[PDB]
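The following structure: caffeine with Glycogen phosphorylase, liver form.
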Amino acid sequence: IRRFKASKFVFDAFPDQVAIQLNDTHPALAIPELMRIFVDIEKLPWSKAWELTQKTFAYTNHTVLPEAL
Amino acid sequence: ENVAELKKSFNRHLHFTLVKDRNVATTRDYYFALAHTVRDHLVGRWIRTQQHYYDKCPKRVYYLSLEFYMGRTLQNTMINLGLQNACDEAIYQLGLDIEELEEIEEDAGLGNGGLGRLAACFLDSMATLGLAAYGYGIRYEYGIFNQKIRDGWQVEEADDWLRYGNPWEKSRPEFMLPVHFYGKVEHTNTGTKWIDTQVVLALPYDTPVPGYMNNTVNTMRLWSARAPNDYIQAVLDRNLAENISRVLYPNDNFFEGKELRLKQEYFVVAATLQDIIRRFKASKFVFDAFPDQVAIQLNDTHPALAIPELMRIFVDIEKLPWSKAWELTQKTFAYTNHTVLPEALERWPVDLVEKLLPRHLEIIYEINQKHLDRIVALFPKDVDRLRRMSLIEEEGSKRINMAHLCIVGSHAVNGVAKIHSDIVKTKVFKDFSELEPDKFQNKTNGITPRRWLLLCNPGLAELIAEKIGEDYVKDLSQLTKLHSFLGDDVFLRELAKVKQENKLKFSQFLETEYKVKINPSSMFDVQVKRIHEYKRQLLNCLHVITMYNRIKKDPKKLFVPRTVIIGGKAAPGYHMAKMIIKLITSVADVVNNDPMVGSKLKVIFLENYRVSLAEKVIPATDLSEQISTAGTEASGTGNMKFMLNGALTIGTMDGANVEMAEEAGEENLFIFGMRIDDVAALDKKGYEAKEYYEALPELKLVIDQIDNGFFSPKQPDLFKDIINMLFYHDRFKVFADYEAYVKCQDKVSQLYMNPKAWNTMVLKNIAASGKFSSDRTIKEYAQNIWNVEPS
Amino acid sequence: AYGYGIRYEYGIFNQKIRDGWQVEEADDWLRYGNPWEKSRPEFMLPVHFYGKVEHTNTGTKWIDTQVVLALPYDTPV
Amino acid sequence: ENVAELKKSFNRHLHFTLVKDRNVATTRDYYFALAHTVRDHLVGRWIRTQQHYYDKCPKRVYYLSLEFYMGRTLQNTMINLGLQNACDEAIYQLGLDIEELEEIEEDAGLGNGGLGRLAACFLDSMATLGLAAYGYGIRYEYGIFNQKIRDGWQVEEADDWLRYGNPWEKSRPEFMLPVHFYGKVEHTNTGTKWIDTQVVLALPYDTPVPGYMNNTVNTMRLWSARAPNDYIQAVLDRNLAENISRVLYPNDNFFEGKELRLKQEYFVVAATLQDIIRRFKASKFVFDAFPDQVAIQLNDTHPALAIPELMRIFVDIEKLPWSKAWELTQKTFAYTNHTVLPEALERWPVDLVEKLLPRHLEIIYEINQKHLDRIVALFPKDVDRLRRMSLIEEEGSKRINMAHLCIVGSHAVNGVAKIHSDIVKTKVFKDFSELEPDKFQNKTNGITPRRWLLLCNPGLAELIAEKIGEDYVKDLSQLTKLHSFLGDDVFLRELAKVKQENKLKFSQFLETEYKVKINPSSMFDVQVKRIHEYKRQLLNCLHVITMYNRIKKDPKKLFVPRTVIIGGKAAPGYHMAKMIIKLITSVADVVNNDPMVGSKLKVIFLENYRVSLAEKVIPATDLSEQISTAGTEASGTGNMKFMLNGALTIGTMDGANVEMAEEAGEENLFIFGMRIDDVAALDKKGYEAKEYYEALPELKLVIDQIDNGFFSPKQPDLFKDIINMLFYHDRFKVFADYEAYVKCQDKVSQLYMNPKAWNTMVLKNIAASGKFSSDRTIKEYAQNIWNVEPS
Ligand SMILES: O=C(N[C@@H](Cc1ccccc1)C(=O)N1CC(C(=O)O)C1)c1cc2cc(Cl)ccc2[nH]1
Ligand SMILES: O=C(N[C@@H](Cc1ccccc1)C(=O)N1CC(C(=O)O)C1)c1cc2cc(Cl)ccc2[nH]1
Ligand SMILES: O=C(N[C@@H](Cc1ccccc1)C(=O)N1CC(C(=O)O)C1)c1cc2cc(Cl)ccc2[nH]1
Ligand SMILES: *Cc1c(COP(=O)(O)O)cnc(C)c1O
Ligand SMILES: *Cc1c(COP(=O)(O)O)cnc(C)c1O
Ligand SMILES: CC(=O)N[C@@H]1O[C@H](CO)[C@@H](O)[C@H](O)[C@H]1O
Ligand SMILES: CC(=O)N[C@@H]1O[C@H](CO)[C@@H](O)[C@H](O)[C@H]1O
Ligand SMILES: Cn1c(=O)c2c(ncn2C)n(C)c1=O
Ligand SMILES: Cn1c(=O)c2c(ncn2C)n(C)c1=O
Ligand SMILES: Cn1c(=O)c2c(ncn2C)n(C)c1=O
Ligand SMILES: Cn1c(=O)c2c(ncn2C)n(C)c1=O
Ligand SMILES: Cn1c(=O)c2c(ncn2C)n(C)c1=O
């Protein structure tokens, strides 16, 4: 977000400047964290924040074994 | 609340309220639709807040002022209500540009400058602090005039701010009241009666005042004059009664004894006091508890008549005995002094007052008699002390010294900055403070960080919140936490980036309004405030010409480029201020068009400086000019706005500048020139302007250029009035601070050449600006004067 | 593209075989220094843990948190 | 070497080493680029010097210490290498401020105070004298904590000095060694074996020690602890072995028997001795020549275990017979005693030692047995002599008297100032010196004139060189030549000017860090050292309040204005020292804000006193406070720094103050108070604090103010612990030296009123400071203890 704000490119263009790949679910918290920053801190409305979030993240599943979920 | 519902309301108002659809709706229609959409969000809390004050009955605070320099209301309301982001999104989705809609709104310019803007910041702070406070003033049909520049001179145009309607006001017809004028006094056996008076009605209009994020919505009540009840001529003459609330007197720090101004002062006062007493009698709380339920702050002496008026009501009407009435009165009123300049003192001739307000003249004479009887009893031999402490000056044609009336009728008197409050207490009113030491106080001015940070500079507010949370919004002292980033390189670049963006956005504004091309790389040197000889934009102008000559003498020399901006309105009848404006536009013409200076230096006279423009230019400033002659600016508040927004200050040790230095560290401000005591020394010795002209070669060249027509070729003697004033009548010693000022200015450019050092000083200024929140100022008034408590 | 992860002091353990079984030993890969990493101290950031939520009229606030700093190290690719 | 090449290297390091360019480089990056640029200049000579010691094989000196209070390295390196002027020029040309770059460096604060700083000065001197010397200690991850003051109290913060990297250290992985703990002893037929021990690795880091202008670059080797080789928990538990070299114990002159401290002591000792033996076996010089090739100085008893460890290696490992091993051991070790205060004596309970170091306990018991067998054979009837001379105190729970172990295992024992060395020899260790008269010596402390004159006070160094050449740098006794200028008026003004400049520059520092405004005209009265009851900054505080009352009683009286500065860190668990700090900040608050005193007196508690701050404040001092109770400060070194830098001394006849008086002439110092014998008299008679409180009216008022809450209104009983200690438990007789101290202080102000007389005395102090160069101290150690020769 900090690198985004310095790009001299508010957060509407964020998903056009940023793509974040979640390697398995280990970094899953990134989703609610991006929402927390957009909402609690940047004061963006939830619907807008949720839209930007989905356009930002992509998830890669690496296994179907139950013990690994 | 959310986006979908905001869009729905917007469309609903565009339809039923503006009677339009998307293909015929005007920009103004869209602004009004959004305004009503936002306004609807205030209602519930406005009603609850006022209901709450009636239920729990806390002590109320009434801020009585002839001025309320409110600016625009839309954005301020969205922000304090936490609605801005949602509305921005909704308007964007409707395919509209919210910025354009916001520019449609007229400023409510019901003030001249500092005094009126302080009243506005106080209302925001009192609502944010949850105080049961009310602002009381006049609803002028026309506020401070719109300024135009024609052929280099100021031209005035009527500020018809209500022409298209004000969605932010609510007529309160059921509270209309009659106000009396002229007539005569009759001393009957049933009490003295004031009779055969002319009556003018007072219609109150309420404007909501939202606290920052707290469910509190207070009220600002402004009165409008209306006529009561050859036929045609008689109907047209109704204009005469209505002229009372027609126009704001356009004078800043200057007294003009016009009868109409006297009518306005009594008008606000009479309508206000009656309304207060009426609300008091309905509180289901005889008048013994009045001072425990009411506090009335007199904003300068303009509403001084409130004192004899309260006495008139208690005595002539409520039949209370004088001593009892006088006791309640003093406990009710507190007075705020806003200036020490002689030309600004209110001294009404007794003849005018006798004609317009016969009964008040009698009450004032009575107050004065008891007053002097006391002094005579304490200092029997000091006959001149009586002359000095009287409410009446027989010094020629008798007049009433309104400041003295405010002092004897008030339990507290305060100045607006330490240096000022001290001068008021120990010099100007020495005789009074000596008698009542504890009566005089200080309450350093403040500005609201909502409008002057969150609203006007979202980039900075966000950057700061990023680093230290949002607690600072309601506790500005929290900005000291910013000190942890002094060595933080990345943060310093981020800070500079925010200033750069503000400058870019403002430069766009400048290029479209003015012919000039702006070097966005230049240092923005800014002086915006009312045009005054004491504020000395003339000195600033001397330095500008000085830099000009330097570029002409040695074009290839390394020089930090500047964009010099000077703006402010001159009172219509202030000739010297008008000459000074013409001098600046003339100088700018030469400078901006000399191919040799080019992008090295650009000069701009910022037209129509007012609250909404201040919100644009301040966030874009690097250097803030606060150069009044030591001892002339009681406090200043523009100085504070600039400090809060990332600009460094070049100024004299005057007013609150002194406290900005105490907080940030004198070395983190570019202080210069004579100090209060040096100014006195020069006065004692006698100021000989010619000596500096003689001894300073750069000064002499500037002066000669001005006087010979270098800047006015088509008319060589144009600036003769300035030259003569400068050499023989400069009460503000422009030449005497010239040398130090220019040296100081050179030091500024030096620091500017070092970005990291510059932003390091900026950070220390911002981190130390917390004392200047009006929230702190109000807490002090509540605790030491009104005796009320934040909620 | 940028890779973002954690700079573990110890990576996947070194495996030894003792009497036919796996034995684990600490993988102290940074003991002698890693010339391939470049500390970027100017980009250090605070990360929050624990604390509690407060739903104020200025937005929900997460407070009384414990803070741990995050120091980024860049490795060229 | 020259400017062009230095700039080129700087840019090269900024690029390849910091991976930056001029627009993204941080201040820290620039500091690191310069550091590497300077560091490169050390390499060639570092390699040659160490190669030379291997080739010519001179006898080596190993200074074993738990502390090395090094301060910053950049400037010290540039100076000793003759590179400062060139680097200053190069950095200036690159458009940078070398002063800013220097302030980025963290102090290597691996020491508490005098003891640790002496080790640092010794390294500089040994390198300047060309001795084959090595400093051996621990590389603490965290040094002495950073001190903050919050609400008047000391707050501790971790000193994370290595967070950004230390360019001045060089890991030496190929010399890592294993150190053993716990386990058990087995007495086999192949020699006693120490088994089942836990192992912790010791990784050495070398830091170059440049001699002043001589091509010699010695080494300081500091060891860091590392772990050898549920899985996760096991990995995390590696922290336990690594905690050994984690933090410096923050105690100055105070023993704390924590097991972790015992682990640190054995850790340094074990790693150091092994490394020494290994280097000895590679010298291509069996162990008979060991003492002719090795000298190990024990800095206080902290590294006492080195003795039984050397025995353990010779016996258990090298299989040498005990008698032979014991002989070699004594010839190897020399011990330096640094204090006589009881609370600072190291007495480890035998149980802890038995658990952690079973084999060393056995070796110590053995040493003790042979020791007492001798005494029994010499004084058969003196049974108590045995009790007094034993290495074991059965006085309750058995403990090891480490000082006694250092004495029997060393061939030389020395104190650090004549008065101290005498007390050690004839009183504290009378039984031992009686037996071995020639074993006890004196080696008066010293300070290095590079860091403490050339570096910290360039103005003075230059002025002096101007008059007498530069020979004084390496032969400080040369300062006596300054006596030729006693009547030289011009020189005396030049001297005062240098002090004035230092004061100006330091005042700037004070105003930006503290709210206070500094009267640059005032006398800088300074007391900086660790907060202790024995150093008595409490007495200083009594005098401050005393001057305060005087100004309040008679404001218009002629008074020499002062700026009183007191600074130093309190050990975290030293409650009284923390109360004393709070007392000083409280007093300062009242004083600095009383409008009546104003610029007459300012008080400042100097925060975070450490080596780099000492280099700033000392050169700016006029009056140096050295007021410890007679007989409590073994030597002192701050006293010497102040003398060398142009300050006069107010102090007791204690430690080296006595020798400063011998050299300069007692009348040229403001000596006062009880002397060693008077203190004993009062002890014999019994100290009754109340008597002075009763008899001295100024003292009584001060005390009452403190005890009643004059300085702590919000909490009247705050300073109760101090009052009680002062009246019933003041081991340091604060009240008993109060009268003479204040009288003495008055005499100081008198002299200060006479500039010429003051600077005349200053000149006599500077001209007589030559004896206090650590170069002289080291020559004495080399000649009379290590038997090595300067080169
Ligand atoms: O003027 C408002 N409503 C209007 C509603 C209205 C409009 C037209 C005729 C009668 C009533 C109002 O009360 N009047 C217009 C009339 C006049 O011109 O004097 C009287 C209003 C609603 C409101 C709600 C908030 Cl939160 C703040 C300010 C507000 N003003
Ligand atoms: O660590 C590098 N330089 C070093 C330079 C340095 C060395 C010693 C002390 C301070 C700075 C560095 O920046 N630091 C070591 C410190 C630490 O361990 O925290 C910080 C480095 C340069 C470089 C260049 C490329 Cl292309 C790739 C990786 C790189 N690392
Ligand atoms: O640490 C130096 N060089 C560095 C060089 C280096 C840097 C990164 C990876 C491997 C090697 C060094 O030897 N190491 C950093 C590693 C660690 O973190 O343990 C080991 C160094 C060079 C030098 C030269 C002088 Cl004159 C004085 C002190 C010095 N230190
Ligand atoms: C704040 C403000 C002022 C007062 O400015 P000073 O420089 O303090 O005189 C005047 N006019 C406007 C529009 C302001 O916002
Ligand atoms: C020299 C020095 C000391 C020792 O000072 P004394 O006054 O001799 O106790 C302590 N701390 C620092 C940082 C020093 O430089
Ligand atoms: C009469 C008048 O307008 N006084 C003005 O009041 C404001 C608000 O207190 C001050 O900041 C300013 O210095 C002063 O000139
Ligand atoms: C235990 C300890 O820190 N002792 C200190 O040693 C230094 C260096 O010898 C002396 O100057 C000082 O007086 C003494 O208090
Ligand atoms: C400030 N001020 C005015 O505002 C003014 C004036 N004369 C007329 N006006 C309106 N003068 C002389 C003046 O000093
Ligand atoms: C508009 N205007 C003025 O306002 C003015 C003036 N000369 C003095 N004043 C004030 N002139 C020539 C002028 O054109
Ligand atoms: C006997 N035994 C086990 O039975 C065992 C083991 N590791 C896992 N198991 C189950 N090891 C190392 C081992 O010696
Ligand atoms: C010097 N000193 C200390 O350093 C100390 C202490 N108590 C705890 N500490 C740490 N005491 C009583 C003490 O005299
Ligand atoms: C921080 N601090 C202390 O460090 C302290 C204390 N009382 C005693 N001490 C040591 N108080 C009240 C305190 O706030």
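Chain labels are A, B, C, ... in exactly the order the sequence lines appear. To match the PDB entry, the residue numbers of chain A are left as they are there, and the shown ones run 308-316, 325-384. Chain B residue numbers are taken from the PDB entry; in order, the displayed residues are 22-250, 261-316, 325-830. Residue numbering in chain C adheres to the PDB entry, whereby the residues present occupy positions 154-230 in order. Here the PDB entry sets the residue numbers for chain D, with the shown residues being 22-250, 261-316, 325-830 in order. Heads up: this isn't the whole entry, just a piece of it, and contacts are only counted within that piece. Just so it is clear, the values below take in all heavy atoms, side chains as well, and ignore hydrogens, waters and symmetry mates. Counting starts at 1 for both ligands and their atoms, following the listed order.
Caffeine, all copies counted: located at ligands 8, 9, 10, 11 and 12. Other chains having non-hydrogen atoms less than 4.0 Å from caffeine (ligand 8): B.
Among all non-hydrogen protein atoms, the one lying nearest atom 1 (C) of caffeine (ligand 8) is B/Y613 CE1, 3.3 Å. Interface of B/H571 with caffeine (ligand 8), defined as ligand atoms under 4.0 Å from a residue heavy atom, comprises 1 (C). If you check which protein heavy atom lies closest to atom 8 (C) of caffeine (ligand 8), you get B/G612 O, 3.0 Å.
At a heavy-atom cutoff of 4.0 Å, caffeine (ligand 8) is contacted by the side chain of B/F285 but not by its backbone. Closest to atom 10 (C) of caffeine (ligand 8), if we only count protein heavy atoms, is B/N282 OD1, 3.1 Å. Listed by number with element, the atoms of caffeine (ligand 8) under 4.0 angstrom from any heavy atom of B/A610 are 4 (O), 10 (C).
Other-chain residues and nucleotides with a heavy atom under 4.0 Å from caffeine (ligand 8) are B/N282, B/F285, B/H571, B/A610, B/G612, B/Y613.
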